[PDB]
Trainee: 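Quick one: the structure is below, and I'll ask about it shortly.
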Amino acid sequence: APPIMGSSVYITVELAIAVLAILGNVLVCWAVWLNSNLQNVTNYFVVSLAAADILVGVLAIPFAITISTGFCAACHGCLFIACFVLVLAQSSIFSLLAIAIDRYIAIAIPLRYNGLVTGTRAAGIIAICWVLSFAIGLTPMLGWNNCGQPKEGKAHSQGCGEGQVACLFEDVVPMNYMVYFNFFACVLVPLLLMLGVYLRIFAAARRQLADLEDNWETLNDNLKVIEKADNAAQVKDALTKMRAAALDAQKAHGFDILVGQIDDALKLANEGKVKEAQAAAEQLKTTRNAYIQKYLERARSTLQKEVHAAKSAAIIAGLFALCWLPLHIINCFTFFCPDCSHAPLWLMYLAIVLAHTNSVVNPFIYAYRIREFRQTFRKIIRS
Ligand SMILES: CC(C)CCC[C@@H](C)[C@H]1CC[C@H]2[C@@H]3CC=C4C[C@@H](O)CC[C@]4(C)[C@H]3CC[C@]12C
Ligand SMILES: CC(C)CCC[C@@H](C)[C@H]1CC[C@H]2[C@@H]3CC=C4C[C@@H](O)CC[C@]4(C)[C@H]3CC[C@]12C
Ligand SMILES: CC(C)CCC[C@@H](C)[C@H]1CC[C@H]2[C@@H]3CC=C4C[C@@H](O)CC[C@]4(C)[C@H]3CC[C@]12C
Ligand SMILES: CCn1c(=O)c2c(nc(/C=C/c3ccc(OC)c(OC)c3)n2C)n(CC)c1=O
Ligand SMILES: CCCCCCCC/C=C\CCCCCCCC(=O)OC[C@H](O)CO
Ligand SMILES: CCCCCCCC/C=C\CCCCCCCC(=O)O
Ligand code: NA
């Protein structure tokens with residue numbers, strides 16, 4: 001068929017994706033810029049990622065449309081057209097890894113997270129990540145390209161001038177770079193690191209929930225022990241275990257009452273006043289129902305929240321992988337199997353369109369899983 005027809009379908013889909021990418025990610029940026037409840041370190045990496053997607057629509061997709069035509073161009077200019085999307089993809093990877101690490105710090109060490117992770121260092125990290133993304137993505141421009149061995153015939157058939165080439169991705173970008181350097185080292189390794197980080201996150205959260213329920217169970221079971229005890233030494237056993245568990249749970253003003261009441265009962269148990277020690281320990285039920293239950297519930301709620309936020313971040317990371325892996329896998333076949341027939345052109349553009357689609361989904365994930373983003377989107381739209 002006349003190449004323009006299939007091209008028209010590919011171009012039309014690309015432009016539609018560009019519109020949606022720009023609109024959605026501009027909305028994310030606007031939401032963070034207005035709402036102070038969304039202005040944190042985590043959402044600063046979210047904005048860095050949104051900027052990458054905005055640039056995908058404004059530059060990467062136009063570049064992709066351009067390089068699909070095979071227009072005559074200087075090989076190094078064609079190279080920039082081809083590799084700029086690699087810059088944006090690498091920036092996305094760094095932002096995703098930063099979010100994963102930020103969440104891990106938030107749950108692993110909630111105490112020092114406020115001082116360890118701050119917005120100033122975050123801005124510096126984002127800057128560095130963009131510089132390294134330009135370095136990685138544009139590494140072919142430094143010499144790892146196929147400009148030294150142009151396809152002279154394909155340049156003459158299209159009437160390209162002296163020093164020009166038919167600007168085609170696989171003609172100028174080496175495939176060993178895309179497979180070994182870009183995919184394996186710069187895409188797959190970071191993603192597997194993110195996987196390990198999120199496993200540590202969820203493992204931690206599960207362990208802390210188990211610790212909370214364990215401390216609640218021990219506090220009630222030793223209460224039963226104190227009830228049915230028969231001598232002062234046994235009451236002392238249960239209470240000593242209690243006191244340690246109390247100063248323990250305090251770490252991860254009502255507790256003051258608790259530990260104090262344990263001390264009262266423990267002193268009276270040391271005086272051989274068994275009976276009055278169970279009464280003094282039975283006072284603990286009051287402190288538990290009014291103070292230790294509320295703490296258990298509030299803490300469990302906060303950890304469930306951290307799990308939810310981590311799940312949202314992992315969803316976006318996984319969607320990034322889902323959208324980009326097909327193109328990388330096609331490159332692996334093009335590189336590792338020269339005996340295989342190259343992936344058909346329609347499948348190539350389907351994979352490119354999918355990678356680009358990734359720049360549209362993140363705003364939707366925010367709106368469907370994060371209430372603050374959802375409500376801010378609503379306010380912006382209604383106005
Ligand atoms: C800040 C933003 C808006 C600036 C964007 C500038 C972009 C579009 C510019 C910067 C460098 C430019 C390229 C430089 C050299 C060549 C080789 C030539 O044979 C064809 C055009 C081509 C491939 C240019 C296309 C346009 C280009 C990519
Ligand atoms: C999916 C995540 C976990 C890891 C990525 C796995 C990738 C690197 C794997 C999955 C399937 C693999 C391909 C399966 C089959 C072939 C055909 C063979 O003649 C050359 C190697 C090649 C082309 C493999 C290269 C590596 C490959 C693309
Ligand atoms: C869900 C994501 C992560 C994985 C998707 C895997 C996709 C990209 C895989 C599944 C089957 C694969 C195809 C299987 C066979 C061939 C024929 C060969 O001559 C060229 C490559 C080509 C056309 C492969 C391209 C990549 C392919 C389409
Ligand atoms: C690094 C991410 N990536 C890619 O990895 C990539 C790609 N285009 C191709 C390949 C395009 C292509 C391959 C064979 C063709 O003809 C046989 C062809 O003709 C238009 C285009 N590849 C491998 N693009 C879009 C510019 C891309 O972004
Ligand atoms: C901040 C927002 C600003 C918006 C910025 C707009 C986005 C860039 C658009 C297109 C770049 C790709 C188009 C490059 C086409 C080159 C065609 C050309 O030069 O053709 C000559 C021919 O090949 C003889 O050799
Ligand atoms: C945000 C949506 C994007 C809108 C911007 C317009 C898209 C531009 C894309 C491609 C322009 C084609 C450039 C001309 C290449 C030379 C063609 C040739 O000589 O064969
Ligand atoms: Na992205």
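In this chain, residues are counted from 1 in sequence order. All ligand and atom numbering here is 1-based and tracks the order in the structure.
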Trainee: Which drug does the model show at ligand 4?
Mentor: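 The drug there is istradefylline.
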Trainee: In this deposited structure, which macromolecule lies in greatest contact with istradefylline (ligand 4), as labelled in UniProt?
Mentor: Adenosine receptor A2a
Trainee: Which one holds for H328 and istradefylline (ligand 4): side chain close, backbone close, both close, or neither close, with close meaning a heavy atom under 4.0 Å?
Mentor: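 For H328, there is no contact with istradefylline (ligand 4) at all, from either part.
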Trainee: Would you mind finding which of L327, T69, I330 brings a heavy atom closest to atom 2 (C) of istradefylline (ligand 4)?
Mentor: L327
Trainee: Polar-atom distance check: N331 versus istradefylline (ligand 4), any N or O pair below 3.5 Å?
Mentor: yes
Trainee: Among protein heavy atoms, which sits nearest to atom 14 (C) of istradefylline (ligand 4), and what does the distance come to when rounded to 0.1 Å?
Mentor: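 Closest protein heavy atom to atom 14 (C) of istradefylline (ligand 4): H342 CE1, 4.1 Å.
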Trainee: So if I count the atoms of istradefylline (ligand 4) from 1 in the order they appear, which ones are less than 4.0 Å from some heavy atom of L86?
Mentor: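 Numbered from 1, istradefylline (ligand 4) contributes 1 (C).
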Trainee: Write down the transmembrane segment numbers of chain A (UniProt, from the N terminus) that have a non-hydrogen atom closer than 4.0 Å to istradefylline (ligand 4).
Mentor: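 Going by UniProt numbering, the segments with a heavy atom that close are 2, 3, 5, 6, 7.
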Trainee: One residue to check: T334. Relative to istradefylline (ligand 4), which of side chain, backbone, both or neither has a non-hydrogen atom less than 4.0 Å away?
Mentor: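 Contact part for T334 vs istradefylline (ligand 4): neither.
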Trainee: As an exercise, identify every atom of istradefylline (ligand 4) less than 4.0 angstrom from a heavy atom of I67.
Mentor: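 Atoms satisfying the 4.0 Å criterion: 26 (C).
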Trainee: Is at least one protein non-hydrogen atom found at under 4.0 angstrom from atom 17 (C) of istradefylline (ligand 4)?
Mentor: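 Not a single protein heavy atom is under 4.0 Å away.
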Trainee: At what distance is the nearest protein heavy atom to atom 25 (C) of istradefylline (ligand 4), and which residue and atom is it?
Mentor: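 Among all protein heavy atoms, the one nearest atom 25 (C) of istradefylline (ligand 4) is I352 CD1, 3.8 Å.
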Trainee: Going by the order shown, which atoms of istradefylline (ligand 4) are within less than 4.0 Å of some heavy atom of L345?
Mentor: 15 (C), 18 (C), 19 (O), 20 (C)
Trainee: Give me the nearest non-hydrogen protein atom to atom 22 (N) of istradefylline (ligand 4) as residue plus atom name, then the distance to 0.1 Å.
Mentor: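 The protein heavy atom lying closest is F169 CD2, 3.4 Å.
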Trainee: So is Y349 in contact with istradefylline (ligand 4), going by heavy-atom distances below 4.0 Å?
Mentor: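 Under 4.0 Å: yes for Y349.
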Trainee: For atom 28 (O) of istradefylline (ligand 4), what is the closest protein heavy atom, and at what distance to 0.1 Å?
Mentor: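 Of the protein heavy atoms, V85 CG1, 3.6 Å lies nearest.
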Trainee: What makes up the binding site of istradefylline (ligand 4) if contacts are defined by heavy atoms under 4.0 Å?
Mentor: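 Using heavy atoms under 4.0 Å, it comprises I67, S68, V85, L86, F169, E170, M178, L327, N331, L345, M348, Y349, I352.
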Trainee: Is there any protein N/O under 3.5 Å from an N/O of istradefylline (ligand 4), and what does the full list of such pairs look like?
Mentor:
{"unit_1": "istradefylline (ligand 4)", "atom_1": "5 (O)", "unit_2": "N331", "atom_2": "ND2", "d": "3.1"}

